[PDB]
Engineer: 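Working on a deposited model featuring trimethoprim. Questions ahead.
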Amino acid sequence: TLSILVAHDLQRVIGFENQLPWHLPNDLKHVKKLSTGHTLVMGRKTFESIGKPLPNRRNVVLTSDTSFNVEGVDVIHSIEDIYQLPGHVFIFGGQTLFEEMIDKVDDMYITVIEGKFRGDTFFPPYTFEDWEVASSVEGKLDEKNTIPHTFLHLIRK
Ligand SMILES: NC(=O)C1=CN([C@@H]2O[C@H](COP(=O)(O)OP(=O)(O)OC[C@H]3O[C@@H](n4cnc5c(N)ncnc54)[C@H](OP(=O)(O)O)[C@@H]3O)[C@@H](O)[C@H]2O)C=CC1
Ligand SMILES: COc1cc(Cc2cnc(N)nc2N)cc(OC)c1OC
């Protein structure tokens, strides 16, 4: 079972200067809830941004660097390694990985950030011609969570 897990804004921005462009604690809860007890696959830059492996799941980082051997983290050096990994695997980011995997995965858990941010990295265009909406849930707003956002589960038609 292979999934994409991603938050993108109205113009498919995912990233600025190796950080998330937005502060949205709710979305990272959304992320914790989905991925706890399974597997993330991420590119090296995304891991560096995060700076340590997420607790209570398997962290796998895809990189060319053969001297990568970080405690708590498993390394892979090819895309094709992903399909070996057992269980529910979430493609975690960033741009490069989403590009390489979007045609490959079963389904996508998307947070649409209902806003327009300055970005330097993007989720690739996609159509709902190709993707069925299994669920669409409004994120709830409050003092800490102030950008409107929608949780999509899409399944490849
Ligand atoms: N909104 C969201 O949900 C998310 C947003 N982001 C954002 O996206 C940005 C990061 O994305 P991006 O700039 O594309 O960098 P990535 O995090 O995708 O990392 C790219 C690196 O991953 C490794 N890699 C990727 N593909 C391969 C391959 N086929 N074989 C071997 N190694 C590979 C390489 O590492 P190396 O060069 O070491 O060989 C490459 O340089 C940041 O701004 C981040 O905040 C990230 C995740 C999620
Ligand atoms: C859990 O914390 C982070 C998570 C992510 C990846 C990510 C974040 N949100 C969503 N919806 N999908 C993802 N794949 C990316 C990050 O920085 C680039 C994080 O650091 C704050």
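The numbers used for chain A are those of the PDB entry, and the residues that appear cover 1-157, in sequence. Atoms within a ligand are numbered from 1 in the order they appear, just like the ligands themselves. Only heavy atoms go into these numbers, but all of them, side chains included; no hydrogens, no water, no symmetry mates.
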Engineer: Which ligands, or which chains, stand for trimethoprim?
Structural biologist: ligand 2
Engineer: Looking at contacts alone, what is the main macromolecule next to trimethoprim (ligand 2), by its name in the PDB entry?
Structural biologist: Dihydrofolate reductase
Engineer: What are the neighbouring residues of trimethoprim (ligand 2) within 4.0 Å, counting only heavy atoms?
Structural biologist: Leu5, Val6, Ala7, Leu20, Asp27, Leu28, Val31, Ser49, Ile50, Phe92, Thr111
Engineer: Is there a polar contact, in the sense of an N or O pair closer than 3.5 Å, between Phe92 and trimethoprim (ligand 2)?
Structural biologist: yes
Engineer: Can you help me find the covalent attachment of trimethoprim (ligand 2)? I need the residue and the atom.
Structural biologist: none
Engineer: Could you find the nearest protein heavy atom to atom 13 (C) of trimethoprim (ligand 2) and give me its residue, atom name and distance?
Structural biologist: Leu5 O, 3.5 Å
Engineer: For trimethoprim (ligand 2) and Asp27, I'd like to know whether there is a polar contact (N/O to N/O, distance under 3.5 Å).
Structural biologist: yes
Engineer: Among the UniProt-annotated substrate-binding residues of chain A, which come within 4.0 Å of trimethoprim (ligand 2) by any heavy atom?
Structural biologist: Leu5, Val6, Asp27, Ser49, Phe92
Engineer: Output the list of atoms in trimethoprim (ligand 2) that are nearer than 4.0 Å to some heavy atom of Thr111, sorted by atom number.
Structural biologist: 11 (N)
Engineer: Looking only at protein heavy atoms, which one is nearest to atom 18 (C) of trimethoprim (ligand 2), and what is the separation?
Structural biologist: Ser49 OG, 3.6 Å
Engineer: Under 4.0 Å from a heavy atom of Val31: give me the atoms of trimethoprim (ligand 2) that qualify, with their elements.
Structural biologist: 8 (C), 9 (N), 10 (C), 11 (N), 12 (N)
Engineer: Which trimethoprim (ligand 2) atoms are under 4.0 Å away from a heavy-atom of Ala7?
Structural biologist: 10 (C), 11 (N), 12 (N)
Engineer: UniProt domain of chain A most involved in contacts with trimethoprim (ligand 2)?
Structural biologist: dhfr
Engineer: At a 4.0 Å threshold, what atoms of trimethoprim (ligand 2) neighbour a non-hydrogen atom of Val6?
Structural biologist: 10 (C), 11 (N), 12 (N)
Engineer: I'm comparing trimethoprim (ligand 2) with the natural ligand. Which residues that UniProt lists as binding NADP(+) in chain A have a heavy atom under 4.0 Å from the drug?
Structural biologist: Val6, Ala7, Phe92
